[PDB]
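Structure with ketoconazole present.
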Number of protein chains: 2
Amino acid sequence: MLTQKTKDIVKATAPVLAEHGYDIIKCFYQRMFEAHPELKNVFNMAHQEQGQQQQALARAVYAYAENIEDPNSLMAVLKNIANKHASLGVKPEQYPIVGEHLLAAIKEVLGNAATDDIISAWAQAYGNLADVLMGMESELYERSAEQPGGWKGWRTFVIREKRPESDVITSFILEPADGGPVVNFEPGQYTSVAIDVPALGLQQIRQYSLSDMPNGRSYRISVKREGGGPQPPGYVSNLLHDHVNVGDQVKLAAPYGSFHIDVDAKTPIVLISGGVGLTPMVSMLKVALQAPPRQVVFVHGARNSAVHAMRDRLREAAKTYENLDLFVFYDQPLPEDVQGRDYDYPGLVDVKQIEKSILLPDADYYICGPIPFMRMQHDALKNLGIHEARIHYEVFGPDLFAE
Amino acid sequence: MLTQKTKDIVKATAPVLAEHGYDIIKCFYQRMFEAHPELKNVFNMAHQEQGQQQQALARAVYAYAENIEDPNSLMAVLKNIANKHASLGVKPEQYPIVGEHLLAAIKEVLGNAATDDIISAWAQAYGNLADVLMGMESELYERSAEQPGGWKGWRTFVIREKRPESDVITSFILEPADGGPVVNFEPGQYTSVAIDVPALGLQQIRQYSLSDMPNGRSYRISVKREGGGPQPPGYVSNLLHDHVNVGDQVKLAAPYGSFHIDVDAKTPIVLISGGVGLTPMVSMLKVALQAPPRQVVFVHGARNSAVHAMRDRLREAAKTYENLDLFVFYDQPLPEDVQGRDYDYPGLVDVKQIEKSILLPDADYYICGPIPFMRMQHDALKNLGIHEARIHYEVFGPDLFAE
Ligand SMILES: Cc1cc2nc3c(=O)[nH]c(=O)nc-3n(C[C@H](O)[C@H](O)[C@H](O)COP(=O)(O)OP(=O)(O)OC[C@H]3O[C@@H](n4cnc5c(N)ncnc54)[C@H](O)[C@@H]3O)c2cc1C
Ligand SMILES: Cc1cc2nc3c(=O)[nH]c(=O)nc-3n(C[C@H](O)[C@H](O)[C@H](O)COP(=O)(O)OP(=O)(O)OC[C@H]3O[C@@H](n4cnc5c(N)ncnc54)[C@H](O)[C@@H]3O)c2cc1C
Ligand code: HEM
Ligand code: HEM
Ligand SMILES: CC(=O)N1CCN(c2ccc(OC[C@@H]3CO[C@@](Cn4ccnc4)(c4ccc(Cl)cc4Cl)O3)cc2)CC1
Ligand SMILES: CC(=O)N1CCN(c2ccc(OC[C@@H]3CO[C@@](Cn4ccnc4)(c4ccc(Cl)cc4Cl)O3)cc2)CC1
């Protein structure tokens, strides 16, 4: 447990770590992978190139520092991390590994300025956080293992169906190879797919929102095929699209995540999604429409009808349920897309154009999409007078990028 | 923080670690020193061929496991370890190093039996303990640094005086090379000498009780020359006797230890020492005899007059102070030692032979000597009806050997 002086050295040196974040990260991964190459099967090797983990580092240290005196704030962010670590299968025996190489990297990068006081302060911070996280993770693993259909580690699933939703999104319906039950989850949570990537010669692991309601038998994910454009195609999404077919197997983690509706709440929900960001929203939509009403406004932004996932099922739902309001925004509508017919508004989701429809008293707001889209929606909701406690979000990259 | 299920795996598998302690200890040091040979400057390299560490490991894992549900019992022993680690200069950044190699060793020795559940439980135990220890050690370093004449790390001292006390015990009076004040200590506390051992080509560190009262200028240690007999001579004790002379320099730690008198207490103290175990007792004697009386019974066992340290000063004190009773037992008296004249009783310290003299109401008892001697005295004091809360001891090896 940290003394005041130790917290103060952390506060004082957080900017020093942040502005050297690039070199510390590079040195950290080089050291750590030289000593433990097997860990490349757990880390993302695509992010291993790009900015950008350096952005997240800077944000972590700065958020750690500004919150080191506020254990409640600290516990909440740690929960997001523990959930993500549990999904990846992070093990207690890995904390000393990561800790040594992280400290060796800080030491190397800071050179002469890596004084005993600084290294010692951060080494203590590291051990404090590690203890909190290992215990959270352990609790998460045990709760999953003990529930009906629950497990620890990887469980083999088989693809039962694979249904294209648009030119870029495809849904995979997944049942366990063993034919047994599958643990429940809160709508909004995710699984992780761990699969071998022959281009890399390594396993990679990626999270996917559980895009259907819980049913005890199967899970559904909806995977957007990534990239080409100007930048490299993504490893796992293309691999799932092109090489994982009906009857093939993948390994899945038990559901985790702290982004989810409270299923027991009477109160309204507003679901604001950009592109593939709709995936947790659909799960939330389908559970909420179990009356208990509850009142759902589904707000979705997509480029056009060619990329809009689950177009038909969503409008059919809005014709059938009183408590659902559907608003679709097309940013670049196709010649055959017509406003007021195939979608409601042109351009990006704009909350002012549906203000009365979304300002439901007692409402919780959920937001998922690219980070610029998320910050835009976040700011707009604040401008209406909605309290931050009522705004929730899940990132399709690192959860610390728009904090 | 540990879940019930994690503590349960610890409780169930302690015996497995204890049974394999020998191999785990051998593998742990091999791995650790291969990766960080510099740590050989901090560990004792007379573990050359020593099971002393396997004994202590087996006791630690069993004591830890049996107490894991009682945090108060756990905190108290962790204080003894924190004080010893602080004396050694153990650094927060070394916790991930020890943790990794310890876990790697547990994994290699247990082989097939190192299941995920077991490795995970002990890894969490390791991190939980590491956090508590680092925080205690940091608090200890800061308190020392902030006090008049205190410091962190090594401070250079010069031997001002070197006085033989018997054929085997020599005192060293030490003042700081910088000429500044030295920090106060509680009587019974120790320093650590760190010194280069050329036979080893390494620094070695040994604790020595501070054998005089605090005075703001100097420290005194009294060092028994170890070995020859049948076993190898001790490195540091022979080195100090033969090559550290007046004017030479050694490095010392600030005082630590949880074995000491309460200087502010009115109540009586009984001081039971075997051989070199008298050294903290003398400090405690000299402070207590500052009236505030307090009432001191100094009970000492030594083989004979040739080996009895500080013989003349102790009897002279007993002639001068009303509130001091002196009892000397010689186990193997020399022809020229006469009972009733040069010592009070033949044989080992036996408390029944001075029962009325030691059964002072409200008394605290302090015991220091070889472990068999300490258990003997401990048991005897219990048989008189003294509460365990009133019996204190400090070990000249590992503090967990007679718990
Ligand atoms: C909680 C959570 C839930 C998620 N839910 C979903 C979901 O429901 N549906 C879904 O499709 N995704 C979801 N994701 C995203 C998903 O996990 C993967 O990130 C996504 O499928 C891309 O994985 P990949 O292996 O295909 O791409 P990677 O190979 O890992 O590449 C990552 C991205 O970086 C780009 N890139 C790669 N290399 C470079 C480079 N050198 N320079 C610049 N750019 C580069 C790629 O084009 C790609 O867009 C979720 C993520 C999280 C954290
Ligand atoms: C809290 C504390 C306070 C202490 N206070 C004092 C004090 O006031 N005065 C004092 O003199 N000592 C004190 N000690 C003991 C002291 O710390 C040293 O342990 C002592 O001087 C021996 O160190 P050494 O380097 O000479 O022996 P080491 O070289 O460390 O060897 C340790 C012992 O093992 C034996 N040994 C070495 N090799 C072998 C072998 N391979 N096989 C079998 N046996 C072997 C040696 O003969 C020696 O006695 C204290 C210890 C503690 C923990
Ligand atoms: C106290 C120590 C640790 C801290 C503070 C920490 C913190 C973080 C943070 C802030 C994130 C980003 C969270 C997100 O995705 O939303 C993260 C992700 C991640 N962590 Fe840790 N962590 C620690 C230890 C570990 C350990 C021991 C491992 C085991 C290998 C680990 C492996 C990972 C991986 C694989 C990711 C996802 C990043 C990626 O996609 O490559 N972390 N952790
Ligand atoms: C959770 C982690 C740790 C635990 C539970 C632990 C526990 C202990 C215990 C029980 C002892 C015996 C104390 C004695 O001498 O009587 C000890 C001693 C010691 N520890 Fe640790 N310790 C830990 C970490 C560390 C670290 C990180 C270092 C850094 C080098 C370290 C270095 C030492 C040294 C040098 C000794 C003295 C033993 C010797 O003389 O060789 N320990 N520790
Ligand atoms: C928007 C987008 O497309 N985005 C996708 C996700 N992309 C990303 C991937 C991983 C990531 O990770 C977070 C940071 C980065 O570095 C570590 C790695 N780490 C360490 C322990 N557990 C994880 C770290 C953590 C704490 C400490 Cl103190 C030190 C370190 Cl070096 O976390 C950060 C970002 C970045 C790009
Ligand atoms: C006189 C002599 O010749 N002798 C005197 C006694 N001297 C001694 C040295 C070490 C010792 O050890 C106690 C325990 C047992 O072994 C470790 C080593 N260790 C680890 C961290 N700090 C020390 C240990 C501790 C905690 C954990 Cl979780 C794991 C491990 Cl393996 O200490 C006990 C005694 C060795 C030399």
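Chain letters run A, B, ... following the sequence lines, proteins first and then strands; every chain starts at 1. Atoms within a ligand are numbered from 1 in the order they appear, just like the ligands themselves.
The location of ketoconazole, copies and all, is ligands 5 and 6. For ketoconazole (ligand 5), the chief contact partner in this model is given in the PDB entry as Flavohemoglobin. Other chains with a heavy-atom distance under 4.0 Å to ketoconazole (ligand 5) are given as A. Of the candidates A:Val90, A:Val61, A:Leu57, A:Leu57 brings a heavy atom nearest to atom 27 (C) of ketoconazole (ligand 5). When non-hydrogen atoms are compared, ketoconazole (ligand 5) lies under 4.0 Å from the backbone of A:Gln53 as well as from its side chain. The contact region for ketoconazole (ligand 5) on chain A lies mostly in UniProt domain Globin. By the criterion of a heavy-atom distance under 4.0 Å, the side chain of A:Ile371, and not its backbone, is placed next to ketoconazole (ligand 5). For atom 4 (N) of ketoconazole (ligand 5), the nearest protein heavy atom is under 4.0 Å away.
For chain A, the PDB entry reports the organism Ralstonia eutropha. Atom numbering of ketoconazole (ligand 5) starts at 1 in the shown order; those under 4.0 Å from a heavy atom of A:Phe28 are 31 (Cl). Heavy-atom distances to 1 Å put the closest UniProt active-site residue of chain A relative to ketoconazole (ligand 5) at A:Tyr95, 7 Å. Shortest contact from atom 13 (C) of ketoconazole (ligand 5) to any protein heavy atom: A:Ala56 CB, 3.7 Å. Nearest to atom 2 (C) of ketoconazole (ligand 5) among the protein's heavy atoms is A:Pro398 CD, 3.9 Å. Relative to atom 28 (Cl) of ketoconazole (ligand 5), the option among A:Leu17, A:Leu129, A:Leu103, A:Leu102 with the closest non-hydrogen atom is A:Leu102. Shortest contact from atom 6 (C) of ketoconazole (ligand 5) to any protein heavy atom: A:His47 CE1, 2.9 Å. Distances from atom 18 (C) of ketoconazole (ligand 5) to the heavy atoms of A:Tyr95, A:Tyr64, A:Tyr29, A:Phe43 show the closest one on A:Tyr29. Heavy-atom distances between A:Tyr126 and ketoconazole (ligand 5) stay at or above 4.0 Å for every pair. Measured by non-hydrogen atoms, the distance from ketoconazole (ligand 5) falls under 4.0 Å for no UniProt NADP(+)-binding residue of chain A.
In terms of protein heavy atoms, atom 35 (C) of ketoconazole (ligand 5) is closest to A:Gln52 CG, 3.6 Å. Ketoconazole (ligand 5) has at least one atom lying under 4.0 Å from a heavy atom of A:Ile25. There is no protein heavy atom closer than 4.0 angstrom to atom 24 (C) of ketoconazole (ligand 5). Protein heavy atom closest to atom 22 (N) of ketoconazole (ligand 5), with residue, atom name and distance, is A:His85 NE2, 3.9 Å. Using a 4.0 Å heavy-atom cut-off, the UniProt FAD-binding residues of chain A near ketoconazole (ligand 5) come down to A:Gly397, A:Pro398. Short version: no covalent link from ketoconazole (ligand 5) to a chain. The heavy-atom binding site of ketoconazole (ligand 5) at 4.0 Å consists of A:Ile25, A:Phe28, A:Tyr29, A:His47, A:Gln52, A:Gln53, A:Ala56, A:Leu57, A:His85, A:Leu102, A:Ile371, A:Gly397, A:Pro398.
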